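Structure of caffeine in complex with Methylxanthine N1-demethylase NdmA.
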Amino acid sequence: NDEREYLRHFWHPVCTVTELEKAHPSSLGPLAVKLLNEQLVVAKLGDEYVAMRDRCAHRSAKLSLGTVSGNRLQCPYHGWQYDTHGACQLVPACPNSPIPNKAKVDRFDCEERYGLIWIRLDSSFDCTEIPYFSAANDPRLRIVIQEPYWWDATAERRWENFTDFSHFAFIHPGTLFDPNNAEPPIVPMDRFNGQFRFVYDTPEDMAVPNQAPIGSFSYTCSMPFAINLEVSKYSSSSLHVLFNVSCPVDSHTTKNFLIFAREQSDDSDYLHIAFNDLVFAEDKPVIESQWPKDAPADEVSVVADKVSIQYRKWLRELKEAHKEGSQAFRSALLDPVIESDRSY
Amino acid sequence: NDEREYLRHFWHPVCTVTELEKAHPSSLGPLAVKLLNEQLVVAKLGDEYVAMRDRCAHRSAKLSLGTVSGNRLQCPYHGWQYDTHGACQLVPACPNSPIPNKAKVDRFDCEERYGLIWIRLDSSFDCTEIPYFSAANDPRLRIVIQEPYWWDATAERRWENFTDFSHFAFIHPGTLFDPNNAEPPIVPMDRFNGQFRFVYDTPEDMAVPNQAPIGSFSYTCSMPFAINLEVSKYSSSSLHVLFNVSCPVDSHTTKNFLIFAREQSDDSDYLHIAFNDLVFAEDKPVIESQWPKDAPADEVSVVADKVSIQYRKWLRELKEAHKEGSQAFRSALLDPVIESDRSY
Amino acid sequence: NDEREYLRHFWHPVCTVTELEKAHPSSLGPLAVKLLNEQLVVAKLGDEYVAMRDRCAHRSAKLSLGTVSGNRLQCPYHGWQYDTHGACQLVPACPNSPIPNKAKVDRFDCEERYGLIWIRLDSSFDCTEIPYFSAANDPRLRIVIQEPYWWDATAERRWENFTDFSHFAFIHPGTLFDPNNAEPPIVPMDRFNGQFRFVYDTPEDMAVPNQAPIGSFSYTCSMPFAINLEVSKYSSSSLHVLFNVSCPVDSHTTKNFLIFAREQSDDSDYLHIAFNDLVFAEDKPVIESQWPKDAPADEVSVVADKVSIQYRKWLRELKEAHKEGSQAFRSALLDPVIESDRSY
Amino acid sequence: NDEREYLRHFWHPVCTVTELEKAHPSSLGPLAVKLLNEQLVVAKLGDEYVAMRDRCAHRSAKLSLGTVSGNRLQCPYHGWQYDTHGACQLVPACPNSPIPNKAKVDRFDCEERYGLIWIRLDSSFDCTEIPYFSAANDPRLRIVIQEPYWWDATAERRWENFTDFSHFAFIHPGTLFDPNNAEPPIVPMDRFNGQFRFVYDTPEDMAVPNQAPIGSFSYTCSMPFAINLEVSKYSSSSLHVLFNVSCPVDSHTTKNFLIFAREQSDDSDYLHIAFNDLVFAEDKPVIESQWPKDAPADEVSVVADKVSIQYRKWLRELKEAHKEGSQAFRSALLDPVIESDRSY
Amino acid sequence: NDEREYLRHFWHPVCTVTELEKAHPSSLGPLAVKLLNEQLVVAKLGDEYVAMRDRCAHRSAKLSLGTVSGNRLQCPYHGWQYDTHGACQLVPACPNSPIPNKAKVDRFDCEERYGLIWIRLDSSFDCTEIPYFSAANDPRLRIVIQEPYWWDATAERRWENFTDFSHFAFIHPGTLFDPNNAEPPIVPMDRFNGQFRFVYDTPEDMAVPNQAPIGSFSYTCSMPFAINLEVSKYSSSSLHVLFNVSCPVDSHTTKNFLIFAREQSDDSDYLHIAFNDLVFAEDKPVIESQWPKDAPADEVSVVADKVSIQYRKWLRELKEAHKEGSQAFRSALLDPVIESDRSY
Ligand SMILES: Cn1c(=O)c2c(ncn2C)n(C)c1=O
Ligand SMILES: Cn1c(=O)c2c(ncn2C)n(C)c1=O
Ligand SMILES: Cn1c(=O)c2c(ncn2C)n(C)c1=O
Ligand SMILES: Cn1c(=O)c2c(ncn2C)n(C)c1=O
Ligand SMILES: Cn1c(=O)c2c(ncn2C)n(C)c1=O
Ligand code: FES
Ligand code: FES
Ligand code: FES
Ligand code: FES
Ligand code: FES
Ligand SMILES: [Co+2]
Ligand SMILES: [Co+2]
Ligand SMILES: [Co+2]
Ligand SMILES: [Co+2]
Ligand SMILES: [Co+2]
């Protein structure tokens, strides 16, 4: 509904590069993806990742059932070929005739970063960037891109689940927190460069596995849905970074991505993947049970919900500012609001 | 919604006690149930059966995914603990802060009777009672509670199917009626104490199994959806009672309950259970086929439809009286209307 | 619904005679079918195929769960018996009482032809006929009725797929066309007696199987959805006829019928059936991908789309004429419009 | 085991012609079949149906995964081509070299008759013929070949089930016999030309469907597993022929064939197919329950079992005679033994 | 069993390191594997990969259902702890008593190499080594370990399929060879250091995909089941290495491993993985059809089968030498037999 239009102005991940390469035996795509209820197709056309509407201009077949040919995407039905700008450049049935002026499909800003493919549906405000991942190009850290995981929950509810200090004791007792560490601190939160920044020192000496990323937590949250969590672990005295971002596929579904990086990397990737998967399996049934899918005004917050409250407040401001136009939105997103004592 | 609001004032069964005990290994619940399209949770807190909306006040997680701890139902997400009145009495994240006054969920009338759990969503008219089961506390009779059975049919259509004299010869020829006995009598019907009361002396000497409850039929039907049928059986000269009641789960679904009692009880419970299941299997495809799900005004009645006609008329009066308020509803439900020669 | 009302005036196939005879052990039906989102029942009563709304006038049970009893269709619930005109002639519960005037269900035109059962929902314009199959009662030809095939695509899109000259090279390269023969001719198209008639000499010497019906193509397309394609095959110098017609089951679905006839018939029926199934398997994914299901005004045509363009034009004229009434519709359907040199 | 060797000398059906044509899109086969635990392949090579062992001489691949090429069967692995005599005639890898003398596979006598494909594994005694079907080439009769049906029972037990007069009342009460007609007559049985011949006049006026083939029964049973039953029906005064034969696939499995012919043929084939399928569904669970699969010496016969007793006696004689050689076997099979008063 | 005993003297791969790390959340195992019908367990104890019989000495529980605890493998039933030598070092029920001398399980050679785990069941001849992979520690090459693929075919038949020059034209026509290139050369074969070495210049200019490893083929085949194929590709003038090895799981099954390395590595791993999977899908049905599973003496060879013929000859020599003992086996395996012009 109208509520969601403002989200079209952000970059969202739609697939891993691995998913694109696996989709078709050519390794070039095409791959069908869905973002904010739009049916799109991604393909590697020459040196560029390209996103188009997954709908041929001729007779509305899905281009995602087609083939990459040179630097073009060829429709399966009558072979029309589309260039990187979504323009048809070949109509095989009519090689001599002029190509109709309207023989084109919409294309969208599309970039690879961190091993994911990102799409921005509306670029007209031109003030948003791909989220920040702190571990990129840090040679001290081994990076693992997990396979995406799908939840029957919204990106807003997923974000709040990831940053929620209060649930660890109840949803993750064997795994992330002691069940008796249920009272979290109230942390200062800064807005800077379109990111929420805040720091949380979790309890020490908790009976949790050594591969649990538990320690001093530094969050950099690129609004609206990306979370970069840098952990200085207590047990190993080493850096562990979690980068989690949700693709808002439609009104009730998320395709979620986790990339994690670690300084101590002589151990098995699957030690960590299995642990992450366990954490997600603990969250999933409870988060999918939340109803209605979008948080209504009747939910009852407590002081420990500060992160959730401030998140909802900023999202509300972004939605209102989007209605006022590009300049208002840019200010709402990028104006600093500092409440900690840190330098910037 | 509007057409069904009056049904919120009655007691409806939502599960058997056995279902509640089996739902969770604690034997205390919780169990998710649905009544009139409302999502509810049932649990046993101490000596009390409780029913609440299945939605935590904090972040809307389902309490039915939580845990009973003595006299509390604990939400699975952040561990809020609700007492028997639906009030949160512990917020683990803020154990010293005052609990918000809004931290409460709607609590509904919930009572065990006859081995079923009954819920009344609205008690404001204070004039409805749990349906009458004649065999309760008759020490002459052995009582068996069947597992519930789900039909893709409404409670009104199920009620009419149960009391329909004309269909026996076509739906139950091997089983309840001779295929020749298609013409039923037109019987007097009395309203008394919120019940329809009527008697039907079925045909004798029909080629049906001895466990068929066929004989003199005395109906006591607690409006809107319960039927107590006392059979003085021809074949065994002994009493057999069928108590059938439909939970209106939503606009197209019923969860149905059968409790039956018998005076001759030296035989197997499963002789009777299998017979009841055969009868229901004969009804099910035809009743599920009726469309639209609610009887529309264009259905064509004949004189043999008296029970159906009178039932529809009383339901319409109750709907209309509910709009006029508590006193009008009490009169529509509880005023006597006597057609027969009996006194009550 | 509103856009589709004009389609109710045509004869559409709903099942094969084989399907009707297999539906029930009596071989007389009843069989439930769906046409233009209407739920219907088909049965053979005496010598007549009948079609009625699949909904008893009494309590709305499905007559398709009932039984043919001589010259009657009997409802399963209370045994009301309907004659070939849809009128109830027996109410078993009240066999002496007058039958209500309202005890009737809607009866529709229903006729067997070519081994299919055809239904016309609206006969008020009295100007449509069952489509033309040229091989009927041609003793030189062996006729095979294939089993129906269901597609998640509309009847309009299926028709255009069948008559589309341009896609053969991309969808059927191994099978019907050389992949290099992508440029089709622009052929004259005649409207005559409610049929599109046109001829297409396909390319010779293509590397296609001997059982591929490739040759001189003569189309007689009974509007709106039936195609009679007479092929004078290059490879065998013999006649092969394809008759394809789509049942518009609802807004997203077709039940499609293929009947084929051949002059050289000493070979296996299954050589041809397997080839037809291969062609259909090649088309199915691409046609089911077209979205939205109904072609929007934004589709971009090229000159090679003449058949599709002219088809859409005639359908629009018929939809417009239907709003103006019976004589306007008759004119739009049956007036001749001749482009070619041929004489009719 | 050794018990079964004698069965290799008879013709057995292995598939319908329809199954062969459907197996491969060429309609020529190949089709894998199994007979007396031998893995065979059938193909149409030119004008001939050919059966070979399903095992290439080169590297033991299954020829049934190959292709018919001209009048040869081509192995899928390295393309060796086998002629109608099982001889390899092309080794693609070594076109100039002589083909090895041992490059051949066993072939077996293979013929089409009545729309089935028949194989005789051992032709060395040269005294057996394909079973007799009385309706072949009788233009008064419409013939229907049913799809094969598979049972977990032996061909001997299937034969005895088909000719058993005593079970109709218990396995087929609604369907073939009145439940009170349980006492059958003791009929004379003749051996003539390798066939058991006997006649049985079933009870009249039984409450069975009109499509039930009930009447005067004349059996011609080509030993060991084929039954030709000619029924002069009581209800319709018309001829109905049932031809049933079992393929002994292995020690515990049969692939069974039914062909039926009828003089009154204006009705639906599927009336009869559905009835036959119902009969088979009534027999199947009981016959599959018989254990051990081969009848042991401890079974207890009664006088009503005459047909079964005489069948087992003749099979025993054939098994013993096979051990004594070709002349003894020919006499055991073809010597007449007459006990009725009929002409031959 | 008897025929296969000699295979116990070689190193066979049983799982990838990835499979071991994924088996249990600890990433240390245990993992159940099967080799030559032996049930084994693999675990990482400290720095060592260990393999034991998967059967506790106490009450025969599977150790693969247990847990790694530091330098011990702990049985799930009564917690006996086994050291890297298969000796029990803790009996929790009797922690003071002497541990029985019989409280030990069989321990087998187990080593990681190339990302696979290798087991040698019998080390008594002390003359076999883990197979040679030429790309190991070649920094010019990117290495990809595929997931294992399981075939219902033996290791011998899989080896012959991989090195078979003749089948490419029939099994892989679109994919590896022109269908016309059916005649292979007869190449010299050298035995050196327990390897078969031979070179094959495949045909140039074939219509095969660019990612097809087609070019100059140099085989180094570590007996009995590992093949190292170095391809100097015609199409890219670059090195591509295929390392394929079969685990003989039991008498009918192989778990197969492919590792591939490539010099031009800027392209997608999944271009190559998809192509390898296509090749394997083309081979699988034909190789699984070969019967009996072990090649019998009756198979008929042609001159083009030189590689297969020489392979079977060497395997027979090794089986014969094994019966004569350690020094005979060492000689048969490691003595050089040079046919070519090359120098080693
Ligand atoms: C929210 N969240 C996670 O989701 C998570 C985690 N470690 C692993 N995961 C997967 N930590 C520490 C965490 O806070
Ligand atoms: C409606 N109804 C039943 O549903 C029924 C029954 N006996 C068993 N059942 C289950 N009888 C007598 C009956 O009238
Ligand atoms: C559209 N179409 C078909 O669908 C078809 C065909 N031959 C078989 N089929 C099934 N031909 C020639 C054809 O043009
Ligand atoms: C054994 N048998 C049948 O199996 C059968 C049948 N009619 C149909 N079937 C199928 N009859 C009359 C019969 O005797
Ligand atoms: C046997 N074989 C293969 O199995 C193969 C291959 N390339 C990929 N695969 C998988 N080549 C060239 C090959 O000869
Ligand atoms: S629908 Fe894409 S080319 Fe025609
Ligand atoms: S949602 Fe229930 S405690 Fe938070
Ligand atoms: S619903 Fe059809 S007879 Fe009653
Ligand atoms: S296995 Fe048949 S040709 Fe080689
Ligand atoms: S069976 Fe292993 S410790 Fe007992
Ligand atoms: Co969580
Ligand atoms: Co009923
Ligand atoms: Co097509
Ligand atoms: Co039988
Ligand atoms: Co191969």
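Just so it is clear: chains get the letters A, B, ... in the order the sequence lines come, proteins before strands, and each one is counted from 1. Indexing begins at 1, ligand by ligand and atom by atom, following the structure's order. What you see below is based on every heavy atom in this structure, not just the backbone, and it leaves out hydrogens, waters and symmetry mates. Displayed portion only: the contact tally does not extend beyond what is shown.
Including duplicates, the parts belonging to caffeine are ligands 1, 2, 3, 4 and 5. The letters of other chains with a heavy atom under 4.0 Å from caffeine (ligand 2) are B. Other-chain residues and nucleotides with a heavy atom under 4.0 Å from caffeine (ligand 2) are B/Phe162, B/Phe168, B/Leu176, B/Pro213, B/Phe217, B/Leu229, B/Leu242, B/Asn276, B/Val279, B/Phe280. For caffeine (ligand 2), the atoms lying closer than 4.0 Å to a non-hydrogen atom of B/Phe168 are 14 (O).
Residue-ligand proximity, B/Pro213 to caffeine (ligand 2), at heavy-atom distances under 4.0 Å covers atoms 7 (N), 12 (C). Of all protein heavy atoms, the one lying nearest to atom 4 (O) of caffeine (ligand 2) is B/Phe162 CE1, 3.2 Å. When chain B is restricted to the residues UniProt lists for [2Fe-2S] cluster binding, none turns out to have a heavy atom within 4.0 Å of caffeine (ligand 2). Covalent attachment: none from caffeine (ligand 2) to a chain. The shortest contact between atom 10 (C) of caffeine (ligand 2) and any protein heavy atom is with B/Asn276 OD1, 3.3 Å.
In terms of protein heavy-atom proximity, atom 5 (C) of caffeine (ligand 2) is closest to B/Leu242 CD1, 3.7 Å. The ligand atoms of caffeine (ligand 2) that sit less than 4.0 angstrom from a heavy atom of B/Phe280 are 4 (O), 10 (C).
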